[PDB]
Engineer: 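Hi! Got a PDB file here: methotrexate bound to nano CLostridial Antibody Mimetic Protein 3 VHH.
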Amino acid sequence: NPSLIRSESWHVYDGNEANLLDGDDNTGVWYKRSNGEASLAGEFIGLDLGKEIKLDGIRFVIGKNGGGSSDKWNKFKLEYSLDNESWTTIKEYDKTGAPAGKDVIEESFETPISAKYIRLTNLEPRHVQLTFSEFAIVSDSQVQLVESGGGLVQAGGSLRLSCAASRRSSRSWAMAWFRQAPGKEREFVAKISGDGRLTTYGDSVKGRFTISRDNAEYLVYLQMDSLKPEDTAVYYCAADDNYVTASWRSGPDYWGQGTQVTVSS
Amino acid sequence: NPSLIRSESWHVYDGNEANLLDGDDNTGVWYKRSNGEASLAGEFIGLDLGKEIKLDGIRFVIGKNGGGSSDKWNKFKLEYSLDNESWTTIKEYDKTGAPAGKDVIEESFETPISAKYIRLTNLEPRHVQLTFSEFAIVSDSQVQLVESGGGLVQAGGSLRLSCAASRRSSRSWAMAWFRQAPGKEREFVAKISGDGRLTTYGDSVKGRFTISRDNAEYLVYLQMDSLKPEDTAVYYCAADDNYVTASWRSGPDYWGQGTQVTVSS
Amino acid sequence: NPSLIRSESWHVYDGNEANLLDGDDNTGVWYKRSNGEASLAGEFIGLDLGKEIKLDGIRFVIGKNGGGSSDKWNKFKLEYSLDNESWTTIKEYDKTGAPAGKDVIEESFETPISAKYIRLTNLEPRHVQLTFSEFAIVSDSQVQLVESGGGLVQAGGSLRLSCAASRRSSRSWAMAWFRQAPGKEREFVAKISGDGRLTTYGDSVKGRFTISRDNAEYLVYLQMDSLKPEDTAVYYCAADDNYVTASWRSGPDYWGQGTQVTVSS
Amino acid sequence: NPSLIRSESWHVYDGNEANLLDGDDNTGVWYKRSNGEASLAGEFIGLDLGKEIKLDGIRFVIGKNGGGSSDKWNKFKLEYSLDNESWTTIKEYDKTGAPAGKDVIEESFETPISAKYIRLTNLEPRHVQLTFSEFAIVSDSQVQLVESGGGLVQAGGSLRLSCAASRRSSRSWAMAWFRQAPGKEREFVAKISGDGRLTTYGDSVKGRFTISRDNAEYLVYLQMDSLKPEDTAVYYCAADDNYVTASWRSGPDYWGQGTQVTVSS
Amino acid sequence: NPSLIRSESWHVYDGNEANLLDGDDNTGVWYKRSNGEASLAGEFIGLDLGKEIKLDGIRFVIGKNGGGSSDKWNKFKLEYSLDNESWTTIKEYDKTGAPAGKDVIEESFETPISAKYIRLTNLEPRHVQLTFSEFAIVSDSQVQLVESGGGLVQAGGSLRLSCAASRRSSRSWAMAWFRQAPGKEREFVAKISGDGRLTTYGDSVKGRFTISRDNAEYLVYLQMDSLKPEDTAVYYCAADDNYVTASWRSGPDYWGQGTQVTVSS
Amino acid sequence: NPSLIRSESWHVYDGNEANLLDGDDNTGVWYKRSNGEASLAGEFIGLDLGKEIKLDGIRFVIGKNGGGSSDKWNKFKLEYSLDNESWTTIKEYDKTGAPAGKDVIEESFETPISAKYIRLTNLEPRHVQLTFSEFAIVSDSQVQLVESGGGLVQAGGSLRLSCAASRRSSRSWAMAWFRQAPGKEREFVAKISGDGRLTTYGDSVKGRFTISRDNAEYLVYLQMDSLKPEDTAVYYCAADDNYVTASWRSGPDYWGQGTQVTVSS
Amino acid sequence: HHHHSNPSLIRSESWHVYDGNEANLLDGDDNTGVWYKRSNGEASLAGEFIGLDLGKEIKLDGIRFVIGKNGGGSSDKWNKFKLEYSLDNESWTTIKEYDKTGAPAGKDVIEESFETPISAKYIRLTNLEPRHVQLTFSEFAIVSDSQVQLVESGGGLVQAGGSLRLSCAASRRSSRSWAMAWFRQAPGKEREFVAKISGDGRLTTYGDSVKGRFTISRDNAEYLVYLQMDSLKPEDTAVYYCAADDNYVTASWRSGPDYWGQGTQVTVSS
Ligand SMILES: CN(Cc1cnc2nc(N)nc(N)c2n1)c1ccc(C(=O)N[C@@H](CCC(=O)O)C(=O)O)cc1
Ligand SMILES: CN(Cc1cnc2nc(N)nc(N)c2n1)c1ccc(C(=O)N[C@@H](CCC(=O)O)C(=O)O)cc1
Ligand SMILES: CN(Cc1cnc2nc(N)nc(N)c2n1)c1ccc(C(=O)N[C@@H](CCC(=O)O)C(=O)O)cc1
Ligand SMILES: CN(Cc1cnc2nc(N)nc(N)c2n1)c1ccc(C(=O)N[C@@H](CCC(=O)O)C(=O)O)cc1
Ligand SMILES: CN(Cc1cnc2nc(N)nc(N)c2n1)c1ccc(C(=O)N[C@@H](CCC(=O)O)C(=O)O)cc1
Ligand code: NA
Ligand code: NA
Ligand code: NA
Ligand code: NA
Ligand code: NA
Ligand code: NA
Ligand code: NA
Ligand code: NA
Ligand code: NA
Ligand code: NA
Ligand code: NA
Ligand code: NA
Ligand code: NA
Ligand code: NA
């Protein structure tokens with residue numbers, strides 16, 4: 001019975017992985033990444049077949065329901081292996097430009113390939129939070145902003161976060177990053193105007209951190225360089241219709257749940 | 001004039017640091033600790049005096065009013081310093097076995113010592129949740145459960161949590177730990193009987209986590225070893241008059257506000 | 001003007017029964033009991049108002065500033081009488097689980113109550129040593145161990161004794177009973193470990209005596225069955241940090257002041 | 001017309017038997033016993049109805065006014081007879097724990113009962129000095145010390161004495177027994193300390209005689225074993241506010257009026 | 001597949017016990033009791049599960065339709081077992097004062113419970129006549145007077161009977177008990193008025209038997225003390241709209257079916 | 001009848017293990033230890049008594065005579081066993097800062113203990129050279145300089161050495177270490193002023209080894225790091241009245257007898 | 001009137017018994033003995049002596065003096081000294097000289113043989129150079145066929161402008177390091193801080209009442225503590241005490257110390 005294998009750096013954010021092996025194209029999973037937002041080349045997801053078998057084709061469904069932010073990889077391969085060490089490329093893909101949403105990857109093997117594992121592997125870095133719906137073989141109430149990237153980092157390092165959304169608004173929004181360290185008040189960290197042209201920074205981070213967004217892909221990014229331990233905190237991303245009020249706790253009309261960042265000495 | 005200095009990994013669960021300077025013995029702070037409940041040795045709390053000065057004595061009140069869980073260090077030292085790099089012991093205390101509650105620590109310096117900083121520093125690890133009431137120099141209630149510890153630790157590491165109480169019941173309670181990731185439901189994790197003799201675990205945490213209690217100190221503990229990303233959640237600790245019903249979301253008659261563990265990758 | 005009335009078989013261990021009517025909530029009385037530790041059903045404490053009056057309510061404070069062993073009844077009733085032979089319940093209470101200490105009992109009678117006497121009366125046997133603080137109506141610093149239950153019993157009879165502490169230690173003690181007839185040496189009787197899981201009994205009493213502890217309420221007990229007049233003696237309870245040494249006059253670090261037990265024939 | 005009947009071995013001390021039949025709950029009779037202080041199985045008190053008649057209830061007040069020493073049986077039965085030789089039981093009782101003072105026993109019978117006789121009969125030996133206030137059917141300042149037990153006894157046998165008190169004290173009192181043969185002195189027999197921990201005896205009695213006290217019930221006892229004809233005398237009980245002075249004649253502050261003991265050859 | 005189990009001291013009056021397992025709330029079973037009417041602590045009714053299995057919940061429906069006499073325990077507890085020797089409590093219940101008739105007890109084990117046996121068990125003597133309607137698990141007309149109590153007893157013993165009814169009259173009745181030895185004629189034993197204020201007895205049970213009624217519960221009781229062999233008989237309970245004629249064979253308009261009582265030497 | 005038993009890492013320097021069993025406080029034994037001078041926690045010395053027996057006390061003399069160097073553990077425990085596998089603590093001693101000399105550990109076991117073994121066991125490490133005098137149950141000459149450490153360690157490691165002395169001079173001595181391989185010359189290793197403020201090391205060793213001394217305790221130590229086979233030799237400690245002549249074969253006025261060090265590959 | 005009298009003990013006048021009594025010096029028991037303090041300076045000066053008065057002139061085959069005394073404690077013996085005798089008590093001929101420098105504390109036996117007898121009326125030990133120790137002794141014969149203790153010695157009386165050295169010795173020797181300190185308590189007044197020194201001797205402090213006049217020192221090898229007092233003054237009068245603390249900081253407070261001497265009286269006239 002086929003089980004799911006995938007890059008260890010991903011955490012499940014919504015949904016659960018059983019959804020991926022269930023036959024429904026409308027159940028899915030949304031993944032944050034653990035140490036920095038961008039999916040590296042090398043990263044993979046796909047399935048362990050239990051034992052060597054003779055595949056007549058496959059049907060993997062990547063991305064998920066919703067308008068929302070781009071959710072798939074750009075350049076990837078479909079590869080199968082017998083020893084989980086050595087892999088063999090069946091097909092390269094370029095989905096650069098693809099709209100957000102389910103994409104059905106349905107491949108057909110005229111000549112039944114024989115393999116114990118089969119997966120998709122990223123080929124180039126990809127700054128977007130990945131979602132997926134279904135993975136199988138052929139053997140004949142609202143809106144959420146979501147932050148991602150973020151874990152343990154060494155003093156003086158860099159780490160980068162990303163905010164994505166489940167639906168695409170028809171208006172422009174100012175986006176902002178705040179942080180809260182335990183038992184303290186939520187601080188302002190940075191904001192950016194809807195069109196990207198105006199940005200300001202809290203005093204603590206000026207120089208080190210950089211905010212930015214990509215509207216085509218529908219994500220916002222915070223780059224933290226030269227980190228310190230007093231940077232430890234949960235980081236929230238927030239959406240405000242008014243750039244002037246975007247750097248005030250009582251400004252953002254929409255908040256993410258936050259991603260925890262710790263910097264050790 | 002004088003300001004408080006204390007350990008950087010503590011944070012305030014209740015009341016606030018001005019209570020510890022207000023001149024009044026019944027205004028306190030109750031601290032929690034980030035990344036492990038236990039208070040390591042080297043941990044400290046005391047005064048930054050402002051400038052080099054002739055001290056005739058100190059009166060520190062440690063522990064805070066109430067007959068709940070144990071709120072004091074066991075073995076600690078009172079030391080002072082001019083530069084805040086080098087410290088000198090005035091005294092050493094062994095308060096092992098002291099009942100919870102205020103402890104007035106009063107000293108005269110027959111010989112006017114001269115310091116800029118003076119504090120209590122911890123000598124052996126303490127698995128309680130520290131409270132405090134006053135810190136001076138001389139110179140010429142409905143029941144609340146509280147989880148502590150919790151922070152971010154990387155996959156495969158360990159973290160331990162504790163749950164204190166603000167009042168001590170004359171009945172005997174089962175205790176449990178639940179967890180709840182955002183959006184998922186609240187899972188049962190581990191329960192323990194009144195007398196610590198019986199315990200049971202949930203399938204996923206079975207054999208990685210251990211639950212214990214120390215009734216004389218009135219704390220419950222949770223040791224998590226071999227941590228996984230799927231362990232990330234808010235951990236709540238709960239009490240229930242019935243060991244059977246304690247593993248059920250509706251068993252407990254009391255709950256903590258929770259603490260956050262995150263496992264990175 | 002109104003005066004106190006209570007079960008006869010109690011006697012004052014500490015405080016005075018003036019403190020009961022004195023107006024002050026910090027003055028109380030600590031009570032041992034005579035022929036057996038446990039307060040039985042039927043036992044009472046209350047006022048005789050010295051004539052029939054109209055009552056708007058009562059305020060009885062029970063327990064007494066405590067941070068030690070349970071000092072209250074569990075199930076009692078509040079009742080009044082005209083002639084002292086008929087008693088009519090006004091309210092029944094169930095304080096099972098109550099932390100030790102003051103408990104204010106304040107009642108208002110929308111229509112007045114015509115009463116000559118009014119009291120708390122206990123409904124279920126209780127194994128604790130009772131304390132009390134104040135009894136009004138409305139119209140317009142270091143440790144003690146106390147033993148209780150001592151008195152006089154016919155040969156072949158039974159007696160139960162208990163021992164309470166005034167303060168509750170953060171460390172675990174083994175507890176032991178000893179006895180000492182006048183002019184004789186003090187002879188070990190029984191010992192129980194911290195967690196009550198280990199017990200051993202002096203050669204003289206094996207088979208007739210049981211030692212037990214309830215840690216939640218902070219009491220130790222000695223049940224004496226099949227007594228004979230050789231058992232007559234002052235009975236002491238004591239605590240030793242070490243169980244091994246608990247059965248030797250010099251092990252213990254704190255001693256009770258003992259209750260006399262006398263077996264006639 | 002109905003007259004009183006009761007155990008022969010008793011005999012009046014205070015008031016007289018006509019107060020027991022006067023309609024008044026506040027007049028009574030206080031009995032001493034002879035040939036032992038304790039009242040035994042079968043001892044009884046009740047009414048000779050004169051002639052055989054029908055009853056709808058009874059009302060017996062037992063004990064006498066005042067919160068002195070305990071004064072009622074513990075376990076007794078209410079029984080009646082036509083012929084006076086054999087008896088049938090109605091209710092049984094357990095007044096163990098009862099306060100001292102009047103206790104009313106109002107019974108009404110669903111079926112009328114006819115009888116020449118009806119009484120209360122003791123079921124279990126009771127070491128107390130018996131009082132009674134009133135006996136009726138239905139047909140539609142200074143304290144005071146008392147010695148009881150003892151009259152005539154064959155040499156080398158045993159006899160038990162008790163001493164009751166009429167008021168009860170806030171304070172603790174050493175209690176002593178003294179005897180006085182006509183013609184001679186008041187010889188000290190035995191004292192006991194307030195708590196009952198300390199006792200001393202006259203050399204004439206040491207090892208044959210035991211003093212003991214029941215501070216609950218409020219009574220002191222002298223158990224006397226293997227008596228000699230020179231033990232003959234008036235035995236008295238006294239109270240001294242100081243145990244040290246309690247074996248001297250001018251020590252006791254309160255003195256009973258003595259009870260005759262006589263040991264024939 | 002699951003089998004019923006219940007107290008051995010019960011026998012069925014009406015109903016088939018498979019009714020308790022059909023999954024229908026409107027088909028039930030009325031039980032008589034074997035030795036005396038009153039259900040004692042520890043009695044029980046529940047399921048033999050066949051082998052050890054894992055429950056998610058249970059649904060038990062106690063009492064039976066018809067607003068007759070009360071038909072359920074007051075205090076009782078749901079408990080389970082692995083072996084039939086040992087029982088763990090899931091839930092204690094207080095239904096004091098609940099009205100006659102079915103009552104669905106539904107419970108849900110949020111984590112499964114492993115049991116082979118699960119039942120309800122009485123906690124306090126209950127003087128009714130128990131009826132029950134249905135027992136299940138989850139794992140992924142005319143009026144009848146009924147008599148009960150009564151089996152075999154030693155002479156001189158005691159035994160007590162009850163009469164229940166299946167429907168409640170708005171008219172108020174006199175009740176009476178009658179016995180008949182076989183061949184021998186039906187003999188009057190005792191009667192009671194509707195308000196219980198009036199009673200009379202058959203000549204031979206004079207003094208030894210007591211008739212009584214509880215109208216809130218709708219039961220009548222016969223207490224038999226001091227039994228004789230001659231008391232052997234079937235005892236019938238009867239309703240008569242007129243007390244005067246309740247003692248007469250041709251008086252009572254309603255009759256029970258009888259319960260055998262038997263006295264041996 | 002009883003045999004001695006001690007840690008294996010030890011060897012007799014003076015006296016023999018008969019003197020510890022001889023019943024003479026004045027005979028005794030002095031021990032060095034292998035592979036490291038210092039005494040590790042869990043090291044022990046005591047008695048095997050063949051059968052298990054009922055002990056009434058013990059009398060152990062630790063240290064032996066002389067006003068030489070410190071000769072006892074600081075923190076240790078008396079413990080017994082029946083199996084030689086698990087051990088129950090009886091007492092625990094803190095002898096920190098006792099004078100050198102013998103010390104009588106006499107314990108009286110008021111309720112007897114049955115053990116097959118009983119020993120003293122070290123708690124914290126102890127940089128001394130242990131001497132001992134007598135071990136009993138109850139049932140009813142110019143100076144010597146001694147070197148300790150010595151053994152066989154492997155390349156790249158670490159080994160420490162102690163020098164102690166049988167008496168203590170009022171003169172203040174420079175101390176030094178010297179080594180020699182068979183066939184070869186005796187070479188200066190390192191030297192320290194009497195007050196320790198002054199060191200100089202040999203050439204083949206500067207940076208690697210450390211010499212230190214504890215005057216209060218009267219010991220000198222040699223800490224060796226990164227040992228080479230070159231380092232194999234007997235090692236000698238020696239005292240010299242002039243720090244300057246102390247690095248010269250001819251200077252020193254008193255010599256050890258060496259302890260054999262052996263590094264291997 | 002028939003008598004036989006043994007010889008009798010003689011020693012310098014400055015000394016005074018602290019522990020024991022001198023009967024012990026003559027009782028033929030090595031295990032009894034005497035501890036001496038000195039008045040008017042702690043330190044034994046050259047010329048100080050102890051020995052025997054023989055009663056009349058006599059013929060010695062030898063002597064056996066046991067100096068020091070049963071001690072694991074601080075140093076108890078002179079360093080350089082001579083054995084000498086006299087017939088008149090007015091002049092002395094040296095028999096033997098010793099250099100015991102470096103000796104352990106405790107009893108040292110000095111048994112001496114006299115191949116050809118020496119006849120004398122007095123024979124004794126005499127110090128040869130100043131010794132800052134606190135002298136004990138145990139027996140003196142001829143031949144014819146629980147808890148610890150700190151002790152302050154020195155001073156008594158000395159006038160204005162003067163000088164004085166005090167000393168503290170102990171009956172046993174701890175294996176922990178102690179800070180040591182001096183305190184004075186004038187009559188009726190409170191006990192006052194004086195000076196203190198770290199166990200290792202590298203740190204000291206003096207009360208302002210005395211800084212720059214007094215000096216606190218120690219000899220850890222010998223186990224004694226010294227207090228040099230210069231430029232004195234009548235207001236320096238007090239019983240002086242010495243004390244040990246495990247804490248150099250609490251050392252100067254009237255309650256930090258865990259051991260006190262019974263004190264030595266200093267009195268300064270002008
Ligand atoms: C559940 N418990 C906390 C509790 C119990 N056992 C523990 N055991 C350990 N080891 N650690 C703990 N933190 C711990 N905590 C409680 C429960 C109630 C009250 C309390 O005040 N209870 C009720 C019941 C008493 C009443 O009737 O008033 C009350 O309101 O007083 C205090 C603590
Ligand atoms: C021994 N114990 C009494 C005690 C312990 N366990 C019990 N357990 C039961 N079941 N019943 C008891 N009566 C009982 N009593 C103690 C011991 C110390 C202190 C205490 O307050 N001691 C002071 C003195 C020293 C200190 O600070 O540690 C203290 O502060 O601890 C209180 C109670
Ligand atoms: C006699 N009574 C039984 C009855 C009455 N009082 C009691 N009182 C007590 N305490 N206990 C009882 N068991 C008890 N039982 C009755 C009488 C009639 C009906 C009844 O249902 N009768 C018919 C006919 C009478 C009518 O309804 O007009 C009907 O219509 O149902 C029920 C119960
Ligand atoms: C205070 N000290 C005296 C001491 C220490 N260092 C000194 N140093 C110098 N230079 N001069 C001194 N006079 C001096 N005196 C002490 C203190 C205690 C013990 C002693 O015997 N201590 C304890 C500790 C040993 C134990 O726990 O048994 C004991 O009871 O024996 C000895 C010397
Ligand atoms: C060299 N010294 C050993 C000594 C000195 N300081 C040390 N210091 C420390 N830290 N550690 C040591 N082991 C140590 N050992 C000695 C030397 C002689 C005597 C001694 O008994 N000397 C002779 C000879 C010198 C004399 O006493 O006149 C004697 O008479 O006893 C004692 C200890
Ligand atoms: Na799916
Ligand atoms: Na807004
Ligand atoms: Na405060
Ligand atoms: Na519950
Ligand atoms: Na009061
Ligand atoms: Na003791
Ligand atoms: Na009367
Ligand atoms: Na008197
Ligand atoms: Na049914
Ligand atoms: Na009729
Ligand atoms: Na020996
Ligand atoms: Na030399
Ligand atoms: Na001597
Ligand atoms: Na100290």
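Note on naming: letters A, B, ... go to the chains in the order of the sequence lines (proteins, then strands), and numbering restarts at 1 for each one. Counting starts at 1 for both ligands and their atoms, following the listed order.
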Engineer: Which numbered ligands or lettered chains belong to methotrexate?
Structural biologist: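 It maps to ligands 1, 2, 3, 4 and 5.
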Engineer: Using a heavy-atom cut-off of 4.0 Å, enumerate the other chains touching methotrexate (ligand 5).
Structural biologist: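 Going by heavy atoms, that would be F, G.
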Engineer: I'm trying to map the binding site of methotrexate (ligand 5) - which residues have a heavy atom under 4.0 Å from it?
Structural biologist: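 Within 4.0 Å (heavy atoms), the residues are F/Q142, F/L145, F/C163, F/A164, F/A165, F/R167, F/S169, F/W173, F/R213, F/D214, F/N215, F/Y218, F/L219, F/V220, F/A239, F/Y254, G/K100, G/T101, G/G102, G/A103, G/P104.
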